[PDB]
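Caption: PDB structure containing acetylsalicylic acid.
Residue numbering for chain A follows the PDB entry, covering 1-210, 212-362 in order. The analysis underlying the following values was restricted to heavy atoms, covering all of them including side chains, and did not include hydrogens, waters or symmetry mates. Numbering of ligands and ligand atoms starts at 1, following listing order.
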Amino acid sequence: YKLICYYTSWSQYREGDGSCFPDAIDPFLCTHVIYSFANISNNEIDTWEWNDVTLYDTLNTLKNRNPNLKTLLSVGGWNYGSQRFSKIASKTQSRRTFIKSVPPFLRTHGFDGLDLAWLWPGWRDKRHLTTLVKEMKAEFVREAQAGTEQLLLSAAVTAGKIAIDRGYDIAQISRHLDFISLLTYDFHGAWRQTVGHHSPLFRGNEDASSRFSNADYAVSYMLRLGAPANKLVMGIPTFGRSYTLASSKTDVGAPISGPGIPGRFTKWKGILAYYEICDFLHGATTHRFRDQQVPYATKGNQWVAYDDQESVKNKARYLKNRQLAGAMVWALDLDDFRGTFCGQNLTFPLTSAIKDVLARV
Ligand SMILES: *[C@@H]1O[C@H](CO)[C@@H](O)[C@H](O)[C@H]1NC(C)=O
Ligand SMILES: CC(=O)Oc1ccccc1C(=O)O
C-alpha cells in the first residue's frame, strides 16, 4: 500500500516551531513524498519560491537515507489560475512546450515524477485534461528509452461530484495515470451557514442535505466511473477547519458567523494545523459524529471539525477493505511534525497511525 505525503513550500515561513523544511521529514514514514508547489512560465515547469532549488535538493537527499523513497513535484495548486493552466493545455504548441519541459527539469532536481495539481478544470477544459495526461505520459514513456527508470505521473483529483463531472474524464485518465489522489476533505462549503465536517467518511443520519458529501460516496463514484482500485489513493486531512459560532447552539446545523480565528502558527482564518489543534483541545468539549466517524471540538465561540488518530486509522481501515492503492495525506507540515504538541512524544502522530494500519492484516 502506497502512503502518499504532500509537503508545502511555504511551510518554511511559519513562525518558530511552525517553520518546517523538508529535512524534518522521517524518510521511512511515507512511500511517495510530493512537493508543492511548482509554477509555470514561458509555458514550462519552473520553481515557485526563491529557493526551491535548495529545498528540492534537501528533499531529494532524504532519498540517500531511504534509497527506496520516491519523490514527485506537483504543478499549480490554487495560488495559480485555472485560466492559466487551461490556457496552456488547450493549445497544441503550448501544451507541447510545457510537456517537453518537464523530464529534464524533473531529472535535474532529483524528482521521480510529476503530480498534476490543476485546481480545477472547467467543462471546456475536460477534453484537454485527457489530452494533457495522455500526451504527458507518452513523453515519460519516450524518455524511459534513455536509461533512467520511467517517470511516475500522477494527478490530484477533487472529490466533489459536480467537480468530477465538470472537468475530469476518469475512465480515460486512469489508464495514463500511475495513481489518482482523491481529495476527500473539502466536503463542507463556505456558503453553508452552519457547522459541519469537511472530511466525513459516511453521510450522517441527521439530515442528508445532498447524499454525496463524504469520502465513501466519492470513492464508489470513482470506481463507478472506472478508476481501478489499484490506482486510487484516498485523501486524508491532517488539518482541521474552524468556524466562529453565531450562537451558543453547538450541534448539528448550528448557525455560523464566519470562519474561526487564525492559528498562532498557520496564521490563516478558517484553518488549523493538528499541532495547533491538540493545543486547542485543552479545555474544549469534544464530540463525535457516530454516523460519519469523525470528531469535532468546541470552546468559546470556536467549533472545529478535525481528524484524530482514531478517525484517521478508521479511514486507513476502510480503504484497505475497499482495496484501494493507498492513502494521501494533506500535509506533513500540518501534522505534529516535531511531535511536541500532542501529548505523546511521537513525531507525525497522524501519519504514523495510518502507516501502522496499512501494515496490519
Ligand atoms: C509564475 O508564473 C507567472 C506567469 O507565468 C509569473 O507572472 C509569476 O511571476 C510566477 N509566480 C510565482 C509565484 O512565481
Ligand atoms: C491547505 C494547507 O496546506 O494549509 C494552509 C491553508 C491556507 C493558508 C496557509 C496554509 C499553511 O500552509 O499554513
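- Acetylsalicylic acid, all copies counted: located at ligand 2.
- Among all chains, the one with more heavy-atom contacts to acetylsalicylic acid than any other is, according to UniProt, Chitinase-3-like protein 1.
- Residues of chain A contacting acetylsalicylic acid are mostly from the UniProt domain GH18.
- Heavy atoms under 4.0 Å from acetylsalicylic acid belong to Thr8, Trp10, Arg14, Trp78, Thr267, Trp269, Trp331, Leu335.
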